[PDB]
There are 2 protein chains.
Amino acid sequence: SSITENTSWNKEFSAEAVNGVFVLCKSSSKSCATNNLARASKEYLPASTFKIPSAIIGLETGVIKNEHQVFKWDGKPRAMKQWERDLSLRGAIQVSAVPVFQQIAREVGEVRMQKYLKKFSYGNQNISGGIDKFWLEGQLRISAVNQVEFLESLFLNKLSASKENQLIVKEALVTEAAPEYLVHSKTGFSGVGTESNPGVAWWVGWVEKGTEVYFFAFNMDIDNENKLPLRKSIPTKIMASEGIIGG
Amino acid sequence: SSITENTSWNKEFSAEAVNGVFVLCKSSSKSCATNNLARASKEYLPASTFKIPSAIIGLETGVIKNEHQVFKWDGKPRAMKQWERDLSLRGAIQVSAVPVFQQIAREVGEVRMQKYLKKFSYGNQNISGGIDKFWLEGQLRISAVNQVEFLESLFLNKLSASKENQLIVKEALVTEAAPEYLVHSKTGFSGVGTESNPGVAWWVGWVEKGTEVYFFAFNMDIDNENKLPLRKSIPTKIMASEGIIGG
Ligand SMILES: *C(=O)[C@@H]([C@@H]1NC(C(=O)O)=C(S[C@@H]2CN[C@@H](C(=O)N(C)C)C2)[C@@H]1C)[C@@H](C)O
Ligand SMILES: *C(=O)[C@@H]([C@@H]1NC(C(=O)O)=C(S[C@@H]2CN[C@@H](C(=O)N(C)C)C2)[C@@H]1C)[C@@H](C)O
């Protein structure tokens, strides 16, 4: 990757009082821009952004049968009422259905999971702490620049998985469609943590706009869920200002 | 297929004085509804809806290299200024760029084109009238019911083409995304014909909403370009009233 620190976006962060980073790459990870070089490479819990590799792994191992898979609710009281119904793959991704991806991880298992994270060069690749908890509460960490490299590889069909599985997950990540562009994205929020050691909120993805592609990763410190809306609005304003999406 | 004629949508057509048909199927073509059974099976020129099979055929023959193929603008005047730029596959479909699709048809050739439309069971499979004009001015015709059957095969990956190429075209047809659904669609419009021999406007697609799928095909007589907006608003109004899309 090739990254250059910026000052143009700082006011989008200091107007809202946020400590975080945005990484934005035009065409490829050979042209990235960021407001904060050091934080662009610091690794944080992926939280629900780990549903992107885990759905790819779920498909590649056969645990997710194909793009038509339905994830059927068993009837076990779920932590969220939005999790209490049958979901499609896109649906389980959208509402970050925790029990759905916990079951995928247990069916995948430790060995295969370790193997696919090494092939994908995903973060510190540390999955200790429990096979169905490592991305939520365990030791896995990944940086904003590594997220971008991972998304670009998915975008190019370069991950070690069939092209068909990569295409299935990219379609499942569409979140905004317009005549000139498609936005593929995924949020994450690790929780509030403390005020002294805050959690992290994320928003990573890519925009295909005409013949161009823009990759992006955003993360921020968050100690109050009421600050959750800035995880999308800061990056959205930045991208709207570069003429990438409508915002 | 299995289709039931209905009267609860006729008000949408009569209020705008349009003569047309809407075919809407839930889950599969075994469960279709329509306002007009007879017109639902009548065959019309496909016009730009023909970009769907044409994109799949271009990919399958290798004329279109992969999903990142760019269709470069040579700088010479085109019939519409929206076609006057380099275009991605989604971009070329969205603006139904004629010259891009004429060039694709010329490289696929008559023989392969006939073979694939026999494989796809696409309408009357008559490609006479010029290898680059048949779907716009030639003898090719296809009904609303046949469009639904074809889209359902594409949805299930049952067309005789790789799953990867079918998946690429499904994602290029995405036109609306919302947390609970994606809409995949494609417009069509043959020309105004006459007051007595009207042209035809289309809107075909499918909606993935949660774990459900709804396929749709809408066509109407049109003798004036100003009536073109109805081709999306009648069907949108009908789907919104059934609770499928949020409008
Ligand atoms: C994954 O990160 C967790 C998951 N992801 C997020 C996300 O939007 O980043 C949610 S946020 C949570 C539900 N709605 C939020 C709200 O109250 N706001 C103020 C917007 C709180 C969810 C926590 C996955 C492990 O559950
Ligand atoms: C293909 O059917 C013709 C093509 N399709 C359409 C269509 O939308 O039905 C268009 S005309 C319509 C108004 N002009 C277009 C544009 O303004 N949009 C991008 C909204 C849409 C065109 C006639 C094809 C052969 O070109």
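Going down the sequence lines, the chains are called A, B, C, and so on. Since chain A takes its numbers from the PDB entry, the residues it shows come out as 20-266. Numbering, chain B: per the PDB entry, residues 20-266 in sequence. Per the header of the entry, the method used was X-ray crystallography, 2.0 Å. Atoms within a ligand are numbered from 1 in the order they appear, just like the ligands themselves.
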Self-check item: Main partner chain, ligand 2, name from the PDB entry
Solution: beta-lactamase
Practice problem: Say which drug appears at ligand 2. | Solution: meropenem (bound form)
Exercise. Write down the other chains contacting meropenem (bound form, ligand 2), where contact means heavy atoms under 4.0 Å apart.
Key: B
Exercise. Ignoring hydrogens, tell whether any protein atom lies closer than 4.0 Å to atom 7 (C) of meropenem (bound form, ligand 2); use the non-hydrogen atoms only.
Key: yes
Quiz prompt | For B:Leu155, the meropenem (bound form, ligand 2) atoms whose distance to one of its heavy atoms is below 4.0 Å | solution = 25 (C)
Quiz item: For atom 11 (S) of meropenem (bound form, ligand 2), which protein heavy atom lies nearest, and how many Å away is it?
Solution: B:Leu247 CD2, 3.8 Å
Quiz prompt | Numbering as shown, the atoms of meropenem (bound form, ligand 2) that approach B:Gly207 to under 4.0 Å (heavy-atom distance) | solution = 2 (O), 9 (O)
Quiz item: How close does the nearest protein non-hydrogen atom get to atom 22 (C) of meropenem (bound form, ligand 2), and which residue and atom is it?
Solution: B:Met99 CE, 4.4 Å
Quiz item: Tell me, which protein residue and heavy-atom name are nearest atom 21 (C) of meropenem (bound form, ligand 2), and how many Å apart are they?
Solution: B:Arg250 NH2, 4.2 Å
Exercise. Looking only at protein heavy atoms, identify the closest one to atom 10 (C) of meropenem (bound form, ligand 2) and say how far it is in Å.
Key: B:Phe208 CB, 4.7 Å
Quiz prompt | Nearest-contact summary for atom 17 (O) of meropenem (bound form, ligand 2) - protein heavy atom, Å | solution = B:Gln101 OE1, 4.6 Å
Quiz item: What part of B:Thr68, side chain, backbone, both or neither, has a heavy atom within less than 4.0 angstrom of meropenem (bound form, ligand 2)?
Solution: neither
Quiz prompt | Nearest-neighbour protein heavy atom for atom 3 (C) of meropenem (bound form, ligand 2), which is reported as residue plus atom name and distance | solution = B:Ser67 OG, 2.7 Å
Quiz item: Which residue and atom, if any, share a covalent bond with meropenem (bound form, ligand 2) in this structure?
Solution: B:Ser67 OG
Practice problem: Check B:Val114 against meropenem (bound form, ligand 2) and report side chain, backbone, both or neither, counting heavy atoms closer than 4.0 Å. | Solution: neither
Self-check item: Binding-site residues of meropenem (bound form, ligand 2), heavy-atom cut-off 4.0 Å
Solution: B:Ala66, B:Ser67, B:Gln101, B:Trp102, B:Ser115, B:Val117, B:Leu155, B:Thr206, B:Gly207, B:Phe208, B:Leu247, B:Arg250
Need the list: meropenem (bound form, ligand 2) N/O atoms against protein N/O atoms, distance under 3.5 Å, rounded to one decimal.
unit_1: meropenem (bound form, ligand 2); atom_1: 2 (O); unit_2: B:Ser67; atom_2: N; d: 2.7
unit_1: meropenem (bound form, ligand 2); atom_1: 2 (O); unit_2: B:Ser67; atom_2: OG; d: 2.2
unit_1: meropenem (bound form, ligand 2); atom_1: 2 (O); unit_2: B:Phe208; atom_2: N; d: 2.6
unit_1: meropenem (bound form, ligand 2); atom_1: 2 (O); unit_2: B:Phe208; atom_2: O; d: 3.2
unit_1: meropenem (bound form, ligand 2); atom_1: 5 (N); unit_2: B:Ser67; atom_2: OG; d: 3.3
unit_1: meropenem (bound form, ligand 2); atom_1: 8 (O); unit_2: B:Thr206; atom_2: OG1; d: 3.3
unit_1: meropenem (bound form, ligand 2); atom_1: 8 (O); unit_2: B:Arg250; atom_2: NH1; d: 3.4
unit_1: meropenem (bound form, ligand 2); atom_1: 8 (O); unit_2: B:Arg250; atom_2: NH2; d: 2.6
unit_1: meropenem (bound form, ligand 2); atom_1: 9 (O); unit_2: B:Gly207; atom_2: O; d: 3.2
unit_1: meropenem (bound form, ligand 2); atom_1: 9 (O); unit_2: B:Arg250; atom_2: NH1; d: 2.4
unit_1: meropenem (bound form, ligand 2); atom_1: 9 (O); unit_2: B:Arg250; atom_2: NH2; d: 3.1

